[PDB]
Engineer: 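Let me give you the structure first, and then I'll get to my questions.
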Amino acid sequence: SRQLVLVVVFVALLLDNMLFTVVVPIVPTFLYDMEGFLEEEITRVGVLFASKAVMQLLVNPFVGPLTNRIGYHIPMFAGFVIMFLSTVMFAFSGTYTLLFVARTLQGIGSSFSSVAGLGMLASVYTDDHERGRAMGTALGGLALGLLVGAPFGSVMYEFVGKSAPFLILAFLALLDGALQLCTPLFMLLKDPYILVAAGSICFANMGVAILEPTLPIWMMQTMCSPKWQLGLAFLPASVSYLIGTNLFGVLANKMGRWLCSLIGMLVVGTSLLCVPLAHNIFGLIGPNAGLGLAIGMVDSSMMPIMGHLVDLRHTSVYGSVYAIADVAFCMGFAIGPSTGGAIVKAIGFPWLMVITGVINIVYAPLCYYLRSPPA
Amino acid sequence: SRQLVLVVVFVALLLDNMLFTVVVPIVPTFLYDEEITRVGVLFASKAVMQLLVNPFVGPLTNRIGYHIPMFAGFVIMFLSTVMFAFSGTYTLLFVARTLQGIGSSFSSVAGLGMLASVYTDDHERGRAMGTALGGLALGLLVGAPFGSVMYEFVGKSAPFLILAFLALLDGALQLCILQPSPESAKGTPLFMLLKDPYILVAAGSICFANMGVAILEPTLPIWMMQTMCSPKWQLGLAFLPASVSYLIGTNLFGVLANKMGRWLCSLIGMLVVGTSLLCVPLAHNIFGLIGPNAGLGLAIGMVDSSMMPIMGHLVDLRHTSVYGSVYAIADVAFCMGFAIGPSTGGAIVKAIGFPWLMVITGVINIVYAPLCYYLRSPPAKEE
Ligand SMILES: COC(=O)[C@H]1[C@H]2C[C@@H]3c4[nH]c5cc(OC)ccc5c4CCN3C[C@H]2C[C@@H](OC(=O)c2cc(OC)c(OC)c(OC)c2)[C@@H]1OC
Ligand SMILES: C[n+]1ccc(-c2ccccc2)cc1
């Protein structure tokens, strides 16, 4: 029924965020277990983190005609089985080579699910009013999974073993399988307005993209924190992000969207600058919460601007914003860690954070162009 | 004793900067007895001459102390207000402005040097200069309506005579406490302190912020008349929130700078002033400028109170303990924006436009802020 498909889509997006948010606090300690020596492996961890983004980009434009030719349910099956396989090898992987294949399979399955589930939700809901509510429910489940995934793997690593969280995620995925069993984008990427908005979103999310694969190694090398607080350190970045996106989605229309994006990028730069100063775990709640709140600001201010820009000058569909918005996230999560590993090899982590903050601040006042576009 | 020195510097900045703003609503109306180009140069006469006298006042403080320059500044300010009280021609109204500029430069450099000298603790030093900037903001806020009501109700010679009497009282207080009747440490030459990157960053920060309230003030009434079509009684009232927010910001952030962080304070102030300048030209009425002007004044007070004690902190960290030249550089940074702004702002507005000028200033401040992170912890000199 209509509630069943929404439930399975919500659970699928939940697991999709759970896997990506549980990989981040496990892989560096996983490499530490078999063996300061992460300065040489930071590049390989950056490539392993950018593999999913690069695979999602390479398989992005192929699922379009595939869903039209063979329907929407069939591409669901491939994505779910591939993500089940990626989960099962991730709990069972022992070497660096298997992790890359697991990440590529996870990226392909994430792309297939993100296409097929939203396509099904659009197809089922033809009432023209409940579709937006279902999309909001899916986004809320996405945020809930983002919140839950970060403390999960770090807490259940040194306490209940290593394969426990991945096996639990695979078992939860098996539950959803039984429930489920019963103006193109290249034409929209030539005007300056949409390109500026996409660049703003990408440069806003690149900070949290670079914070993932390079922060735990810095924490282990300097702060001497235990192995269970590494996943807890990212909790403010999720909680503050959720409160910020709710509040500023409420409040952004009053004080202007372009000012929202400008102030959000500025506070992103300031938070990233203030991040590498703390010498204890308690010095990271401020900057991380600020960065999450700022990313909520920039996303909630840039999505309606993208929608209005597409509507005013071009003809749009139910999911025009999803194609462009997922492009900016893919550039962010693909160009963040791969370049960040080489940057940390050549120069220090604080220099990388200063560079990211400087880029965000310098790109900040280019959002003046987006105020009142013409026709 | 050390508490009374702050009272002397507080009074000195109050009287000198009150004369700066009292003559504003008296000169263009009484001069009448094309025009903007010359009347505008008269308002900028103090800034041009004060910038020149700063390099000749800095090294002078190392050889004769901080008392004689302050007494000379008081005497020059009294002479300037006396000359303003009786002059009634365009030629005689320029020498008085030049004398007021010389006295203002002398008083500012001597007072800041003395305040740096007496107060040694950095956290303690961050409050005296905050209250001094608050007194300066109070003088700039109260000079305009006092002189306006005095001219409108009692005459042209009334407020200048009252300011002269207040200057006499201030000089009597100065003779009472300071007794203006050579430093052991030989301070570094001024040319060497212009090579330290931190000093240049701080001076550029103060100079850029002081370029925003400057290039906004003379060119704002013209755009208001051209677009909003407002009556004559709102042009003065538009800039009042900037002064009020400047006073509040300078006091509170002189309190808060030692706690929250000097470099973060300067960076947030620069970002706020840049965004305020960006959002200024979007207003479609007088009520659209209440917010951006208040943010601009608060951010400028933030930057000023953050970058005042940092100069003395750097001078103690690296160079010898002599504070005259660094605050001479600070006054040069303060006066450069005020001497460049009024004389050319109409030219830039006629050439490219007021919104483009605001966007350029805004963008220079937003695209300059991340350079401040360098003042987090300068390395010390070799032992
Ligand atoms: C990895 O998972 C993601 O990439 C999601 C998030 C990325 C990023 C992030 N990762 C973290 C990991 C942490 O632990 C280490 C801690 C903090 C963070 C933060 C804080 C900040 N944060 C933002 C998250 C945003 C999510 O995207 C959407 O919410 C979304 C919403 C829509 O509706 C408006 C869309 O349609 C238009 C849409 O389509 C493109 C996507 C995005 O993809 C689903
Ligand atoms: C030296 N100085 C003069 C004027 C100001 C000022 C700033 C904002 C609003 C009004 C005055 C600040 C400093």
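Chains are designated A, B, ... according to the position of each sequence line. Numbers in chain A come straight from the PDB entry, and the residues shown are 19-53, 130-276, 291-483, in order. Following the PDB entry, chain B shows residues 19-51, 134-281, 285-486, kept in their order. Every number for a ligand or one of its atoms is a count from 1 in the order of the listing.
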Engineer: What's the chief chain around ligand 1 in this model, going by the PDB entry?
Structural biologist: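 The chain with most contacts is Chromaffin granule amine transporter.
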Engineer: According to the PDB, which drug is present at ligand 1?
Structural biologist: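 That drug is reserpine.
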Engineer: Okay, with a cut-off of 4.0 Å on heavy atoms, which other chains neighbour reserpine?
Structural biologist: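 By heavy atom, the other chains are A.
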Engineer: Taking the UniProt transmembrane segments of chain A in order from the N terminus, which ones have a heavy atom under 4.0 Å from reserpine?
Structural biologist: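 Numbered as in UniProt, the segments qualifying with a heavy atom nearby are 1, 5, 7, 8, 10, 11.
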Engineer: Check the entry and give the organism for chain A.
Structural biologist: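 By the entry, the source is Homo sapiens.
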